[PDB]
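Note: structure shows istradefylline engaged with Adenosine receptor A2a.
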Amino acid sequence: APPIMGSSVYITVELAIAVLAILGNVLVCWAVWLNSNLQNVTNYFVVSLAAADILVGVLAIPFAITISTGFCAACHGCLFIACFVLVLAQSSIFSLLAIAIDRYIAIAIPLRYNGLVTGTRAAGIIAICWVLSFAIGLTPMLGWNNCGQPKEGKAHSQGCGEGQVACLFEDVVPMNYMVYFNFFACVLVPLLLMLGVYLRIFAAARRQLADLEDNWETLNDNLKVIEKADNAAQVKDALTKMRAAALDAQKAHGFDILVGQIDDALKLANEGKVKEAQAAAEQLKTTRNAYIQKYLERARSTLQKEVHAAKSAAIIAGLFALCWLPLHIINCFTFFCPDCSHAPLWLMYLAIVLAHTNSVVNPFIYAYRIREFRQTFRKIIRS
Ligand SMILES: CC(C)CCC[C@@H](C)[C@H]1CC[C@H]2[C@@H]3CC=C4C[C@@H](O)CC[C@]4(C)[C@H]3CC[C@]12C
Ligand SMILES: CC(C)CCC[C@@H](C)[C@H]1CC[C@H]2[C@@H]3CC=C4C[C@@H](O)CC[C@]4(C)[C@H]3CC[C@]12C
Ligand SMILES: CC(C)CCC[C@@H](C)[C@H]1CC[C@H]2[C@@H]3CC=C4C[C@@H](O)CC[C@]4(C)[C@H]3CC[C@]12C
Ligand SMILES: CCn1c(=O)c2c(nc(/C=C/c3ccc(OC)c(OC)c3)n2C)n(CC)c1=O
Ligand SMILES: CCCCCCCC/C=C\CCCCCCCC(=O)OC[C@H](O)CO
Ligand SMILES: CCCCCCCC/C=C\CCCCCCCC(=O)O
Ligand code: NA
């Protein structure tokens, strides 16, 4: 068929994706810029990622449309057209890894997270990540390209001038770079690191929930022990275990009452006043129902929240992988199997369109899983 027809379908889909990418990610940026409840370190990496997607629509997709035509161009200019999307993809990877690490710090060490992770260092990290993304993505421009061995015939058939080439991705970008350097080292390794980080996150959260329920169970079971005890030494056993568990749970003003009441009962148990020690320990039920239950519930709620936020971040990371892996896998076949027939052109553009689609989904994930983003989107739209 006349190449323009299939091209028209590919171009039309690309432009539609560009519109949606720009609109959605501009909305994310606007939401963070207005709402102070969304202005944190985590959402600063979210904005860095949104900027990458905005640039995908404004530059990467136009570049992709351009390089699909095979227009005559200087090989190094064609190279920039081809590799700029690699810059944006690498920036996305760094932002995703930063979010994963930020969440891990938030749950692993909630105490020092406020001082360890701050917005100033975050801005510096984002800057560095963009510089390294330009370095990685544009590494072919430094010499790892196929400009030294142009396809002279394909340049003459299209009437390209002296020093020009038919600007085609696989003609100028080496495939060993895309497979070994870009995919394996710069895409797959970071993603597997993110996987390990999120496993540590969820493992931690599960362990802390188990610790909370364990401390609640021990506090009630030793209460039963104190009830049915028969001598002062046994009451002392249960209470000593209690006191340690109390100063323990305090770490991860009502507790003051608790530990104090344990001390009262423990002193009276040391005086051989068994009976009055169970009464003094039975006072603990009051402190538990009014103070230790509320703490258990509030803490469990906060950890469930951290799990939810981590799940949202992992969803976006996984969607990034889902959208980009097909193109990388096609490159692996093009590189590792020269005996295989190259992936058909329609499948190539389907994979490119999918990678680009990734720049549209993140705003939707925010709106469907994060209430603050959802409500801010609503306010912006209604106005
Ligand atoms: C800040 C933003 C808006 C600036 C964007 C500038 C972009 C579009 C510019 C910067 C460098 C430019 C390229 C430089 C050299 C060549 C080789 C030539 O044979 C064809 C055009 C081509 C491939 C240019 C296309 C346009 C280009 C990519
Ligand atoms: C999916 C995540 C976990 C890891 C990525 C796995 C990738 C690197 C794997 C999955 C399937 C693999 C391909 C399966 C089959 C072939 C055909 C063979 O003649 C050359 C190697 C090649 C082309 C493999 C290269 C590596 C490959 C693309
Ligand atoms: C869900 C994501 C992560 C994985 C998707 C895997 C996709 C990209 C895989 C599944 C089957 C694969 C195809 C299987 C066979 C061939 C024929 C060969 O001559 C060229 C490559 C080509 C056309 C492969 C391209 C990549 C392919 C389409
Ligand atoms: C690094 C991410 N990536 C890619 O990895 C990539 C790609 N285009 C191709 C390949 C395009 C292509 C391959 C064979 C063709 O003809 C046989 C062809 O003709 C238009 C285009 N590849 C491998 N693009 C879009 C510019 C891309 O972004
Ligand atoms: C901040 C927002 C600003 C918006 C910025 C707009 C986005 C860039 C658009 C297109 C770049 C790709 C188009 C490059 C086409 C080159 C065609 C050309 O030069 O053709 C000559 C021919 O090949 C003889 O050799
Ligand atoms: C945000 C949506 C994007 C809108 C911007 C317009 C898209 C531009 C894309 C491609 C322009 C084609 C450039 C001309 C290449 C030379 C063609 C040739 O000589 O064969
Ligand atoms: Na992205």
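Nothing fancy with the numbering, it's 1 onward along the sequence. Quick check of the header: X-ray crystallography, 2.5 Å. Just so you know, these numbers use all the heavy atoms, side chains as well, and skip hydrogens, waters and symmetry mates. Counting starts at 1 for both ligands and their atoms, in listed order.
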| task | Identify all ligands or chains assigned to istradefylline. | result | ligand 4
| task | Measure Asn331 to istradefylline on non-hydrogen atoms and call it side chain, backbone, both or neither using the 4.0 Å cut-off. | result | side chain
| task | Using distance alone, determine whether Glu170 and istradefylline share an N or O pair under 3.5 Å. | result | no
| To which protein heavy atom is atom 25 (C) of istradefylline closest, and what is the distance rounded to 0.1 Å? | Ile352 CD1, 3.8 Å
| query | Side chain or backbone of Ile330 under 4.0 Å from istradefylline, or both, or neither, by non-hydrogen atoms? | reply | neither
| Side chain, backbone, both or neither: the part of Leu327 lying under 4.0 Å from istradefylline by heavy atom | side chain
| Proximity to istradefylline by part of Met178, non-hydrogen separation under 4.0 Å | side chain
| field | Ligands/ions near istradefylline (< 4.0 Å) | value | none
| Which UniProt transmembrane segments of chain A, numbered from the N terminus, hold a non-hydrogen atom less than 4.0 Å from istradefylline? | 2, 3, 5, 6, 7
| task | Please state which part of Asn182 comes within less than 4.0 Å of istradefylline, counting heavy atoms only: side chain, backbone, both or neither. | result | neither
| message | Minimum distance, heavy atoms only, to atom 20 (C) of istradefylline: which one of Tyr177, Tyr349, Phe169 is it? | response | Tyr349
| request: Find all atoms of istradefylline within a distance of less than 4.0 Å from any non-hydrogen atom belonging to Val85, and give their numbers and elements. | output: 28 (O)
| query | Which residues are in the binding site of istradefylline, using 4.0 Å as the heavy-atom cut-off? | reply | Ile67, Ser68, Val85, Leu86, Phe169, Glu170, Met178, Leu327, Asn331, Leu345, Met348, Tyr349, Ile352
